[PDB]
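Structure with ceftriaxone present.
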Amino acid sequence: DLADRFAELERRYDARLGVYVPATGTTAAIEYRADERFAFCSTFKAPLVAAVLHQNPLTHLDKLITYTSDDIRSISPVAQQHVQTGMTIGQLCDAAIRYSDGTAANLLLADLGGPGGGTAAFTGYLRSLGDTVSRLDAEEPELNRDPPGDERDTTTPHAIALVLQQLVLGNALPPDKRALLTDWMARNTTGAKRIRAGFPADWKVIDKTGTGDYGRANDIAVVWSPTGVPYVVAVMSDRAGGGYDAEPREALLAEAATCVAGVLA
Ligand SMILES: CO/N=C(\C(=O)N[C@@H]1C(=O)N2C(C(=O)O)=C(CSc3nc(=O)c(=O)[nH]n3C)CS[C@H]12)c1csc(N)n1
């Protein structure tokens, strides 16, 4: 049925596809390799912002953090323009979500403190939401480079979709803080050609992307039908058959999204 098209898309692009849509009151759950482990990549930056907000009052957003050029390890379109001025935590939240800024994600992890530069505290945050499967061990850019089969810095479409459901649709955050997280994801600038490109234009899409080596390309989203019904969609992919230098395929994540839309309609 639907698993034959996902398995078909896997064949067309030479990839491994993981899909999960948590069931609503009227629609059942969509699952394709939903419980297989995939690599977080940049998708952790969205629930990471929720950890910082959950721990501190809104006044913490105005605290300024200064850094040096030696701290810039990865793609950081915004952090590279502020080495002399510094950035406040709120701006680091903005950069980490809407621009996938890697340095801003590393600084926010250090704000969580603790061993591993904050990775153990971040894993602790996911456990508080009920996720006992996911784990973050390294920072940018090392967390995108773990070999296949290595369970470090991994999650599942099942686990990540339910985490995002609580932050956007649930009560994981108070309403004022919940408003800040959704707005940033709503004005994200990196996902134009993935889940957004698969749904019709009159469906609202907010998302956070992820990309790494071994052809890894992820997108996590909450979408709204024209009538206003919300759905959470997790799509993850890798192409380990082509090794470290595998080229990611954004078209695979658009096709899979369209398949999901034809079922939810
Ligand atoms: C939703 O994204 N769509 C985009 C897009 O990527 N736009 C960006 C976005 O959100 N932008 C923002 C900002 O962060 O506010 C800005 C702010 S840029 C900026 N403001 C400052 O105050 C400053 O000191 N320095 N800089 C550089 C404008 S473009 C961009 C787009 C590009 S072409 C097109 N048709 N759409």
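Numbers in chain A track the PDB entry; the residues on display, in order, are 29-293. Below, each value reflects all heavy atoms present in this structure, side chains not excepted, and no hydrogens, waters or symmetry copies. Atoms within each ligand, like the ligands themselves, are counted from 1 in listed order.
In this PDB structure, the PDB entry names the chief binding partner of ceftriaxone (ligand 1) as Beta-lactamase.
Annotation for ceftriaxone (ligand 1): atoms under 4.0 Å from non-hydrogen atoms of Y127 are 8 (C), 9 (C), 10 (O), 11 (N), 12 (C), 13 (C), 14 (O), 30 (C).
Contacts with ceftriaxone (ligand 1) closer than 4.0 Å are made by no heavy atom of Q109, backbone or side chain. Distance screen at 4.0 Å: atom 9 (C) of ceftriaxone (ligand 1) has a protein heavy-atom neighbour inside the cut-off. For atom 30 (C) of ceftriaxone (ligand 1), the nearest protein heavy atom is under 4.0 Å away. Considering only non-hydrogen protein atoms, atom 2 (O) of ceftriaxone (ligand 1) sits nearest to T217 CG2, 3.5 Å.
Neighbouring residues of ceftriaxone (ligand 1) under 4.0 Å (non-hydrogen atoms) are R126, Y127, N216, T217.
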